[PDB]
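Next structure: contains calcipotriol.
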Amino acid sequence: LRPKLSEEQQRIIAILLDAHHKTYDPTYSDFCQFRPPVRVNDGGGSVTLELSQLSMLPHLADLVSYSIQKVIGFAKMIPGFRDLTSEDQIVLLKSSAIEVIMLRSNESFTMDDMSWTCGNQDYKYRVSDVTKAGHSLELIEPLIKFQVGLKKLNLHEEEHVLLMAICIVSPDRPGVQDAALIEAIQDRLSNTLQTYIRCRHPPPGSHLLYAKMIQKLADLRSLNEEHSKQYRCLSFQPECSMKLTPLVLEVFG
Ligand SMILES: C=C1/C(=C\C=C2/CCC[C@]3(C)[C@@H]([C@H](C)/C=C/[C@@H](O)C4CC4)CC[C@@H]23)C[C@@H](O)C[C@@H]1O
């Protein structure tokens, strides 16, 4: 059976598409406002050199900080999100921030050369740029694999925004108070996604797509964990806080 999208479900999708269009600039016109990217010579991938310089950290920190602000804006427009207590809203935002950023970044990722291309060459990020920010291949390699796997699903924008919403409204995040409420909200989003796929997504892969999408969420949890481990080590580097931002410090601290 392929039940049609209810009037409410269609409304949820419209609201999410609008939220994304208002919080994701496909032209990346704000990027020149971030601290400039600095790419030092490190063809050997020296951890000692990378940690002593962290030349790309200021730029990527601003990029991520900026993105967290956009994510907060997006999340506030998710139907039902504002019904939660502020305590639960903040817990959900802090816990999923990095995951949603990895998800939304897929829009600028390109399989042409396995990079995130944001306009001009200065704003093209490769594996080597992330290592210059203090992160290791233990995170980067699985991240690139994740980006490629996601690109291959060829998600409709409707599916993409629903996935980010579902990721944020997760009842199994540490410290959530009203898990039942959060679960009701996520279920409404999950059923909307499942219905949209069986109804609007053409074959091949009509079905199976939902399961592959849910598995990506599991993949994100793992990446989240590894990122946290690496952030901790990074915070041990003297004078590192100045290269970040208050928002990044709170969310990842
Ligand atoms: C942001 C974006 C983005 C790309 C994301 C990237 C490429 C550069 C490295 C990064 C930012 C990794 C990186 C592992 C995270 C890095 C943090 O620890 C930060 C240093 C403070 C996560 C997503 C990935 C560009 C646009 O797609 C908008 C989006 O919100």
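Chain A residue numbers are taken from the PDB entry; in order, the displayed residues are 120-164, 216-423. In listed order, ligands and their atoms are each counted from 1. Determination method: X-ray crystallography, 2.1 Å.
Here the macromolecule with the greatest number of atom pairs within 4.5 Å of calcipotriol is listed in UniProt as Vitamin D3 receptor.
Considering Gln400, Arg274, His305, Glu396 only, the shortest heavy-atom separation from atom 28 (C) of calcipotriol involves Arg274. Each of the atoms 1 (C), 2 (C), 29 (C), 30 (O) of calcipotriol lies under 4.0 Å from some heavy atom of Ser237.
One option in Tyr143, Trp286, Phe150 has a heavy atom closer to atom 7 (C) of calcipotriol than any other, and that option is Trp286.
Residue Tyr295 places no N or O, backbone or side chain, under 3.5 Å from any N or O of calcipotriol. Residue contacts with calcipotriol, taken as heavy atom pairs separated by less than 4.0 Å, involve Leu227 solely via side-chain atoms from C-beta onward.
Nearest to atom 25 (C) of calcipotriol by heavy atom, out of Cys288, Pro145, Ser275, is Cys288. Close approach of calcipotriol to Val234 is summarised as follows: ligand atoms under 4.0 Å from at least one heavy atom of the residue are 11 (C), 19 (C). Using a 4.0 Å cut-off between heavy atoms, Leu309 contacts calcipotriol through its side chain alone, with no backbone atom that close.
In this structure, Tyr236 falls outside the shell of residues with a heavy atom less than 4.0 angstrom from calcipotriol. Both criteria (UniProt calcitriol-binding in chain A; heavy atom under 4.0 Å from calcipotriol) are met by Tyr143, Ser237, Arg274, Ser278, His305, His397.
The contact region for calcipotriol on chain A lies mostly in UniProt domain NR LBD.
By the definition of a contact as any protein heavy atom under 4.0 Å away, atom 10 (C) of calcipotriol is not in contact. Residues in other chains coming within 4.0 Å of calcipotriol by heavy atoms are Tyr143, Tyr147, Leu227, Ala231, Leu233, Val234, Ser237, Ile271, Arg274, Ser275, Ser278, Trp286, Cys288, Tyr295, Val300, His305, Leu309, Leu313, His397.
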One line per pair, note the atom names and distance for all nitrogen or oxygen contacts under 3.5 Å between calcipotriol and the protein.
unit_1: calcipotriol; atom_1: 18 (O); unit_2: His305; atom_2: NE2; d: 2.8
unit_1: calcipotriol; atom_1: 18 (O); unit_2: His397; atom_2: NE2; d: 2.7
unit_1: calcipotriol; atom_1: 27 (O); unit_2: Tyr143; atom_2: OH; d: 2.8
unit_1: calcipotriol; atom_1: 27 (O); unit_2: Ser278; atom_2: OG; d: 2.9
unit_1: calcipotriol; atom_1: 30 (O); unit_2: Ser237; atom_2: OG; d: 2.8
unit_1: calcipotriol; atom_1: 30 (O); unit_2: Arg274; atom_2: NH1; d: 2.8

